[PDB]
Amino acid sequence: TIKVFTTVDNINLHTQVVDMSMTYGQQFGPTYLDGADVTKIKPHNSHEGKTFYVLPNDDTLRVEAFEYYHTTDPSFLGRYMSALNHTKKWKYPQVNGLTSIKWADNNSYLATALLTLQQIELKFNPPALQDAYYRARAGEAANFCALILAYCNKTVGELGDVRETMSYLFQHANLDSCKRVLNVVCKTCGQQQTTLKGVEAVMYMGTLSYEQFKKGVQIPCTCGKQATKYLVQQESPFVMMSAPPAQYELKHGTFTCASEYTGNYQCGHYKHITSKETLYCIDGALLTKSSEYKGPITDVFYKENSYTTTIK
Ligand SMILES: COCCn1c2c([n+](Cc3cnccn3)c1C)C(=O)c1ccccc1C2=O
Ligand SMILES: COCCn1c2c([n+](Cc3cnccn3)c1C)C(=O)c1ccccc1C2=O
Ligand SMILES: Cn1c(=O)c2c(ncn2C)n(C)c1=O
Ligand SMILES: [Zn+2]
């Protein structure tokens, strides 16, 4: 017999008396010690007093996991631990002032997402995610990346999509005050306003150019004609404009940052472009400075506070 603590969040610890003859799995279920899976292992005397992670297998643990991670998915903790085993071994160099990720396990979409998150104003709601985010900002990004994978249902090594990653993350962010008002104008059907809130207020698919969005983009109408959709009002600290990858040029001073994608879904690679005093292409640990940039851009991020159209 030894005494240990079990936990699902490393915040609320639960005393346990362990029997030395059974494995950890037989008496607790799947169990982790400092990230290492110990389910199959017999207890050691040197384990006394240590903290073990277990799966949320009763109502106290389920509620604690829910409050810390904001999910009820039973597989969450295990997928997070599997990911964390790998992400603790990645390297997080500081590149042009931001925490990046040295390439490994097809992780360029995560590097681009992490770099983007450090340049827009955002607050995550789950305590685990926001805590890991602040550590990632300071340079210890392993937990944040493992959590990103867990929330997106991705495993280490899988190819990822930045727009989809951002959408999952934004679902967990406090964007409830973000508002977008759009107008669609058809010569036959007339005008129709729409109001969008939260994630849908800050994300748009179809054009990369915020300016074009404000002037109007051509979209189809059911009446057979082409209508014009334009941005009437925007309240948010940033917006994200996406479109299928295509040759596009980024002008210094007109955007905050952007994602470039080369390849397809079987095989590809993201790079990150940011606008500072001049343009920088952060490519994992690699850094290239240039005054112009052209490439297959797929997402562009813009600062915003409050915008109202002057179209009549
Ligand atoms: C932070 O405010 C945002 C409002 N909110 C909260 C949640 N969810 C979504 C959700 C996601 N996965 C499963 C079920 N529900 C929203 C939209 C929680 O999960 C939650 C859990 C424990 C204490 C507080 C909260 C909480 O506040
Ligand atoms: C023009 O097709 C629009 C839909 N789409 C997209 C993709 N593909 C496959 C493909 C195959 N060969 C070359 C290029 N793309 C299609 C058909 C992406 O791989 C992709 C990767 C990263 C961000 C967005 C996208 C994206 O939107
Ligand atoms: C620049 N680059 C890469 O660096 C890369 C890649 N696939 C894997 N890597 C690492 N592709 C398609 C690529 O264009
Ligand atoms: Zn019409």
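Residues displayed in chain A correspond, in order, to the PDB entry positions 4-315. Side chains are part of it too, since the values below use all heavy atoms of this structure and drop only hydrogens, waters and symmetry mates. Ligands are counted one by one from 1 in listed order, and the atoms in each one are counted from 1 as well.
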Exercise. Give the PDB name of the drug at ligand 3.
Key: caffeine
Quiz prompt | Chief macromolecule bound to caffeine (ligand 3) (UniProt) | solution = Papain-like protease nsp3
Quiz item: Which chain positions lie within 4.0 Å of caffeine (ligand 3) by heavy-atom distance?
Solution: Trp106, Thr265, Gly271, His272
Quiz item: When residues of chain A contacting caffeine (ligand 3) are grouped by UniProt domain, which group is largest?
Solution: Peptidase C16
Quiz prompt | atom 13 (C) of caffeine (ligand 3): the protein heavy-atom neighbour that sits closest, reported with distance to 0.1 Å | solution = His272 CB, 3.6 Å
Practice problem: Run the numbers for me: atoms of caffeine (ligand 3), each under 4.0 Å from some heavy atom of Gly271, listed by number. | Solution: 7 (N)
Self-check item: Heavy-atom nearest neighbour in the protein, as seen from atom 14 (O) of caffeine (ligand 3), with distance rounded to 0.1 Å
Solution: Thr265 CG2, 3.9 Å
